[PDB]
Undergrad: 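Here you can see Bestatin bound to Aminopeptidase N.
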Amino acid sequence: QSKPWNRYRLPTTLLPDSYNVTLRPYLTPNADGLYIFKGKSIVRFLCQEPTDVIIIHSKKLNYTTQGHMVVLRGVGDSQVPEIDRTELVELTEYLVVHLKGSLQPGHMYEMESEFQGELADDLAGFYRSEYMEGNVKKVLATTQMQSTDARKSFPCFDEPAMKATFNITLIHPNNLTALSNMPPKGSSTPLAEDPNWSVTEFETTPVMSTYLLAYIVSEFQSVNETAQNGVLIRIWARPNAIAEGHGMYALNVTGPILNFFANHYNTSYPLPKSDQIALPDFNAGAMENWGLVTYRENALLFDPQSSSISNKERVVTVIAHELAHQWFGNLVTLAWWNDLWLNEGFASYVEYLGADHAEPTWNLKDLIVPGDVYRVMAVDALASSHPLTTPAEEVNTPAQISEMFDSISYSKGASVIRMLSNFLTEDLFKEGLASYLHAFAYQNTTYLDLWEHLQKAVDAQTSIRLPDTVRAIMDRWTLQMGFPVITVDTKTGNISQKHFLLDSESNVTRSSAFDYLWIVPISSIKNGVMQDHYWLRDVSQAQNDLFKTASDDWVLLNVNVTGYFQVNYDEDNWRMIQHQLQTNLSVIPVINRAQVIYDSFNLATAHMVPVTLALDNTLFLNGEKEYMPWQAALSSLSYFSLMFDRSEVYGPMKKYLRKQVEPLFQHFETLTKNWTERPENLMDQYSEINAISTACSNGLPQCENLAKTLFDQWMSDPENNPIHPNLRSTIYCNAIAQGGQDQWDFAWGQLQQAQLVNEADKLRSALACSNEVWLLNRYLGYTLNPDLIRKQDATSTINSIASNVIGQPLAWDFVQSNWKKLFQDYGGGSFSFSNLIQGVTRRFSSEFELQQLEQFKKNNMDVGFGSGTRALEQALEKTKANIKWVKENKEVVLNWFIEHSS
Ligand SMILES: *[C@@H]1O[C@H](CO)[C@@H](O[C@@H]2O[C@H](CO)[C@@H](O[C@@H]3O[C@H](CO)[C@@H](O)[C@H](O)[C@H]3NC(C)=O)[C@H](O)[C@H]2NC(C)=O)[C@H](O)[C@H]1NC(C)=O
Ligand SMILES: *[C@@H]1O[C@H](CO)[C@@H](O[C@@H]2O[C@H](CO)[C@@H](O[C@@H]3O[C@H](CO)[C@@H](O)[C@H](O)[C@H]3NC(C)=O)[C@H](O)[C@H]2NC(C)=O)[C@H](O)[C@H]1NC(C)=O
Ligand SMILES: *[C@@H]1O[C@H](CO)[C@@H](O[C@@H]2O[C@H](CO)[C@@H](O[C@@H]3O[C@H](CO)[C@@H](O)[C@H](O)[C@H]3NC(C)=O)[C@H](O)[C@H]2NC(C)=O)[C@H](O)[C@H]1NC(C)=O
Ligand SMILES: *[C@@H]1O[C@H](CO)[C@@H](O[C@@H]2O[C@H](CO)[C@@H](O)[C@H](O)[C@H]2NC(C)=O)[C@H](O)[C@H]1NC(C)=O
Ligand SMILES: *[C@@H]1O[C@H](CO)[C@@H](O[C@@H]2O[C@H](CO)[C@@H](O)[C@H](O)[C@H]2NC(C)=O)[C@H](O)[C@H]1NC(C)=O
Ligand SMILES: *[C@@H]1O[C@H](CO)[C@@H](O[C@@H]2O[C@H](CO)[C@@H](O)[C@H](O)[C@H]2NC(C)=O)[C@H](O)[C@H]1NC(C)=O
Ligand SMILES: *[C@@H]1O[C@H](CO)[C@@H](O[C@@H]2O[C@H](CO)[C@@H](O)[C@H](O)[C@H]2NC(C)=O)[C@H](O)[C@H]1NC(C)=O
Ligand SMILES: *[C@@H]1O[C@H](CO)[C@@H](O[C@@H]2O[C@H](CO)[C@@H](O)[C@H](O)[C@H]2NC(C)=O)[C@H](O)[C@H]1NC(C)=O
Ligand SMILES: *[C@@H]1O[C@H](CO)[C@@H](O[C@@H]2O[C@H](CO)[C@@H](O)[C@H](O)[C@H]2NC(C)=O)[C@H](O)[C@H]1NC(C)=O
Ligand SMILES: CC(C)C[C@H](NC(=O)[C@@H](O)[C@H](N)Cc1ccccc1)C(=O)O
Ligand SMILES: *[C@@H]1O[C@H](CO)[C@@H](O)[C@H](O)[C@H]1NC(C)=O
Ligand SMILES: *[C@@H]1O[C@H](CO)[C@@H](O)[C@H](O)[C@H]1NC(C)=O
Ligand SMILES: [Zn+2]
């Protein structure tokens, strides 16, 4: 039998009740340049089963407790055993307290410790954040516990089901502000040993998980609103940022989103206030800490003057996401990280609902399809994918836990929950969801608990009927990886399902308890009229007249792509669909217009339709005003561009794309009053951004003209940028393309003086669009200079250049030549050799190019490849695929484009 301090999961012998935790960061270094924080904690816990050892999480903390590493006391009149010895076991991250006797079932104990650790800038635990205000470097203190870093700030039972109440005290310079999950008890008070310091006590938290704790000490200020129930809402940011009003949009949306979720969930927001704080260079993105949610600045702040509409959308959706957790994930918490998908899938879905409430004219719910469904299907249509569910006994180590945080868990999770909601109807879903939340408030659950509660709601009504239990249907979507392609022969109304894989020649080696069969809910539209809902059972083949058609008829499946599957037809129904789109497109719902494109290209990739059938599905676009179907096309074709932009196929492609996009370009020229006012709603704003982008980048002269006109106008008046943030990336890029060192230098200047991150990113990317070799080689020379380009931007700037077809060879040489900079960039800052390699080898589609790549790998002789070690293997295997795809496709593709370019 093995020793419990060597097992990654905690015993169940001791459960915490409550914690006192006092943290004191020292924001001035110790002259050796070390910053530290000091702590003291007391954890009260209960004995469940007899035991003569206390195992508790601890990570990179030194103890300065008097005596042993902890002091142990009994609560009330409980006696307590003497401590034998206390040790730290680093591998499993434990403080282990061996006792001279056993604790007693039903007895409560208090364990006190004093400790300190590094206040590193590592974005982990209690950690520091350095940033610039004027001539001053500022340092603040803040936390990121997710997922196994609470133990890095204070010793605790750091598993998510092991909830307790937390009383937090912060000791801090007296002119700084102290924040935590809960409001402060009253006014800060001076620290008696040194009144330069203050003491802020916070109210007791609700029963909660250690990973949701947060405490922050900074100079930050806030904008406030008291919602009507009394809930204080603040937005915290850098003083300068607050003073520019960049916190306003977040303040505008937060109250609304909160009220929405409180109703949607049928459950009060469980806290007295909600803080949201914008942190500079928070690489985690955002973190749903209960009552104190942290965001990277670009994610929470918004400047109306410079930010685009897609920035606004990012702000509102990110808030909606984190706010969604305040109930789902925080109030009711998954018992273990194997069910992460539930929590994050759920928030990934309801973010759309929350944001839609705040911005009801935008139609945000639509964006889940391009943004999550098709995104995740690209990786879920692979042999190397994995189930939503993972057995709990296979997730044990911090790194195994971190692996749970991926595209499957977020995006498929959102996609399957969205499907669940649609086949139940939202009202029914909400009923079960309210029931789950009430039954499990302040406790922990598994996905089976949600199913059980949704089943309860189903069982209590008569309108919605199901082929099977919620569980049994959901098990097909959660226990096995992948999804089905649904093929229909409209001639007969026969309908099949198979495990879909983009590579038709791939060996699936992961077995399923269901033989890759799903219970599939299928909506469907015939002649623009909604048909009866159908359910495909767990069978390969079936028939229903719902999918039988006539000569003049067409049938389309999966309305609004609510189902997690792709649809293929017979050629005739396909052609008929096409005719409808040529003649009256408004009869096919705008999401399915997109679906036709999305699925067809994937099916072509899988060899289930010819590539010409997919291309035919773009033909209708010349009359399409709407964002999504265009976006589907632009997404599906970016790879054709990447393969053919250096070949005889390109000219035809561009000619074609010009043809398709011009009418749309014209339409906006009209509708925007010669580009003087943006369209009204989000979707139309996106469509315009896409058309202009496409028009210019395929060389539509009217687009080129505009781009040159506006940039001329800007250079004549630098302080008054005429270009609307929405169009900056296109206009900037095209203009620099049409220009020389005049345009490039101006832009570069603008970059060096640009205050706001997004504007800098747009100039940095545009600068890569010069068509001059000397200008792109000069600019590469700049990427390895920190005074000119931030290290954290270098590999990205290199990829932008390689994106330019003129820049492809220049970038590829730069990289091979400077590969002697793995041993300069591996110690100071990661650098991400993985991203750089993948981006620069992206185009490689020929035998010759492959020999070059092999020949480059022959520098194997040390220097290695670092964090891109075997991201070079992926690049070799990706070129082989490209060569093989280009041989099979070149001819057919070329002919089609010529055929259709007028
Ligand atoms: C976790 O933190 C709690 C808050 O600090 C502790 O509870 C506090 O204990 C204090 C003393 O230990 C009490 O303050 C005063 O102390 C003087 C001693 O000189 C006493 O006479 C008074 O009873 C008391 N003052 C008043 C106005 O009653 C606090 O009463 C008390 N604060 C509370 C309960 O909110 C917990 O003890 C601490 N937990 C553990 C396990 O140590
Ligand atoms: C928690 O305890 C750790 C172990 O006590 C501390 O880590 C130790 O830090 C020492 C200095 O910071 C290192 O020793 C040497 O220190 C002298 C004088 O400061 C230097 O000249 C030497 O360069 C240095 N030795 C070397 C080989 O570089 C210890 O090596 C080091 N031990 C480790 C890292 O295991 C932590 O400082 C302490 N942390 C906190 C936050 O209190
Ligand atoms: C947070 O919510 C506020 C309340 O809805 C928004 O305030 C509105 O901002 C609009 C756009 O900035 C203003 O519209 C126009 O602004 C121009 C430019 O100054 C004026 O000339 C026009 O008179 C005005 N009205 C028009 C075109 O009809 C609104 O006036 C203003 N509304 C209120 C009640 O103040 C905030 O914009 C919003 N903040 C953010 C960052 O989105
Ligand atoms: C954290 O603070 C809370 C709030 O005061 C403490 O809650 C009290 O716990 C004591 C000791 O069990 C009880 O006598 C009181 O009934 C509780 N008060 C309230 C208002 O709930 C809690 O004990 C503190 N935690 C720790 C570790 O001391
Ligand atoms: C809070 O107090 C500290 C200590 O005085 C201030 O820190 C100094 O700020 C000045 C700028 O006015 C700098 O020139 C110094 O280098 C800082 N000193 C140290 C030791 O860090 C700080 O500015 C004050 N902050 C607020 C918000 O009032
Ligand atoms: C949760 O939902 C219930 C049921 O919808 C809410 O109670 C209803 O509120 C309306 C208010 O006009 C009444 O007319 C209904 O008859 C109520 N139903 C019941 C069963 O009481 C309830 O208020 C919601 N709670 C929260 C916290 O949002
Ligand atoms: C994790 O969650 C379960 C519930 O899913 C908790 O078990 C419940 O505990 C409460 C209060 O102690 C009781 O009312 C119920 O009888 C329990 N339900 C069960 C066992 O199904 C459990 O305590 C939580 N685990 C931890 C470690 O807090
Ligand atoms: C549609 O499905 C039906 C049956 O589910 C298929 O028809 C059968 O095909 C077998 C194969 O040899 C024949 O022996 C049977 O006599 C047929 N059954 C009938 C007509 O009831 C039919 O081929 C399918 N259509 C397709 C795939 O297009
Ligand atoms: C498919 O999705 C569209 C959105 O693209 C749905 O249309 C929306 O429906 C709601 C309620 O009817 C309205 O409040 C929105 O304003 C509608 N928008 C548009 C553009 O019509 C449509 O109802 C969905 N159809 C089905 C069958 O689910
Ligand atoms: C809208 C979301 C996808 C935003 C997202 N944030 C989250 O998922 C949070 O709710 C996560 N729970 C926090 C997190 C993120 C990354 C790594 C570790 C921990 C992120 O930007 O990473
Ligand atoms: C997979 O197995 C098949 C035969 O079942 C074989 O022809 C093929 O080479 C294998 N691998 C790949 C990657 O196609
Ligand atoms: C085409 O279909 C739309 C959408 O239903 C309908 O409103 C319109 O009357 C039709 N227009 C034409 C020109 O046939
Ligand atoms: Zn999340």
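Chain A residue numbers are taken from the PDB entry; in order, the displayed residues are 63-964. Just follow the structure's listing: the first ligand is 1, and inside any ligand the first atom is 1. Atoms considered below: every heavy atom in the structure, side chains included; atoms not considered: hydrogens, waters and symmetry mates.
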Undergrad: Where, by number or letter, can Bestatin be found in the structure?
TA: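 The relevant parts are ligand 10.
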Undergrad: Mind telling me the UniProt active-site residue of chain A nearest Bestatin (ligand 10), with the non-hydrogen distance to 1 Å?
TA: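 By heavy-atom distance, the nearest UniProt active-site residue is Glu384, 3 Å.
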Undergrad: Any other ligands or ions closer than 4.0 Å to Bestatin (ligand 10)?
TA: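 Other ligands or ions: ligand 13 (zinc ion).
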Undergrad: Protein heavy atoms near atom 19 (C) of Bestatin (ligand 10), is at least one of them under 4.0 angstrom away?
TA: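 So far as the 4.0 Å threshold goes, atom 19 (C) of Bestatin (ligand 10) is in reach of a protein heavy atom.
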Undergrad: Nearest to atom 5 (C) of Bestatin (ligand 10), what protein heavy atom do you find, and at what distance?
TA: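 For atom 5 (C) of Bestatin (ligand 10), the nearest protein heavy atom comes out as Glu384 OE2, 4.2 Å.
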Undergrad: Among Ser473, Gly391, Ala346, which residue places a heavy atom closest to atom 15 (C) of Bestatin (ligand 10)?
TA: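 Minimum heavy-atom distance to atom 15 (C) of Bestatin (ligand 10) goes to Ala346.
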Undergrad: Using a strict cut-off of 4.0 Å, indicate which atoms of Bestatin (ligand 10) neighbour a heavy atom of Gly347.
TA: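 Atoms satisfying the 4.0 Å criterion: 21 (O).
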Undergrad: Which residues that UniProt lists as binding substrate in chain A have a heavy atom under 4.0 Å from Bestatin (ligand 10)?
TA: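 The overlap, by heavy atom and UniProt annotation, is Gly347, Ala348, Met349, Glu350.
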Undergrad: Identify the organism of origin of chain A according to the PDB entry.
TA: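 The PDB gives the source of chain A as Sus scrofa.
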Undergrad: Can you name the atoms of Bestatin (ligand 10), numbered from 1 with element, that are less than 4.0 Å from a heavy atom of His387?
TA: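 So the atoms of Bestatin (ligand 10) that pass are 10 (O).
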Undergrad: Please identify which atoms of Bestatin (ligand 10) are closer than 4.0 Å to at least one heavy atom of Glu350.
TA: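 Near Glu350, the atoms of Bestatin (ligand 10) are 9 (C), 10 (O), 11 (C), 12 (N).
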Undergrad: For Bestatin (ligand 10), which atoms have a heavy atom of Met349 less than 4.0 angstrom away?
TA: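 Here the atoms of Bestatin (ligand 10) in question are 12 (N), 13 (C).
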Undergrad: Taking the residues UniProt annotates as binding Zn(2+) in chain A, which ones lie under 4.0 Å from Bestatin (ligand 10), judged by heavy atoms?
TA: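 Among the UniProt binders, by heavy-atom distance, it comes to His383, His387, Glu406.
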Undergrad: Tell me: protein heavy atom nearest atom 14 (C) of Bestatin (ligand 10), and distance?
TA: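 Protein heavy atom with the smallest distance to atom 14 (C) of Bestatin (ligand 10): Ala348 O, 4.0 Å.
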Undergrad: Which Bestatin (ligand 10) atoms does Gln206 reach within 4.0 Å, using its non-hydrogen atoms?
TA: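 Checking each atom against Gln206, I get 19 (C).
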Undergrad: Could you tell me, atom by atom, which parts of Bestatin (ligand 10) come under 4.0 Å of a heavy atom of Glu413?
TA: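 Under 4.0 Å from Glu413, Bestatin (ligand 10) has these atoms: 1 (C).
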Undergrad: What residues contact Bestatin (ligand 10) if the heavy-atom distance limit is 4.0 Å?
TA: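 Counting heavy atoms, the site comprises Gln206, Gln208, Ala346, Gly347, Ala348, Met349, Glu350, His383, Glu384, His387, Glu406, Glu413, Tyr472.
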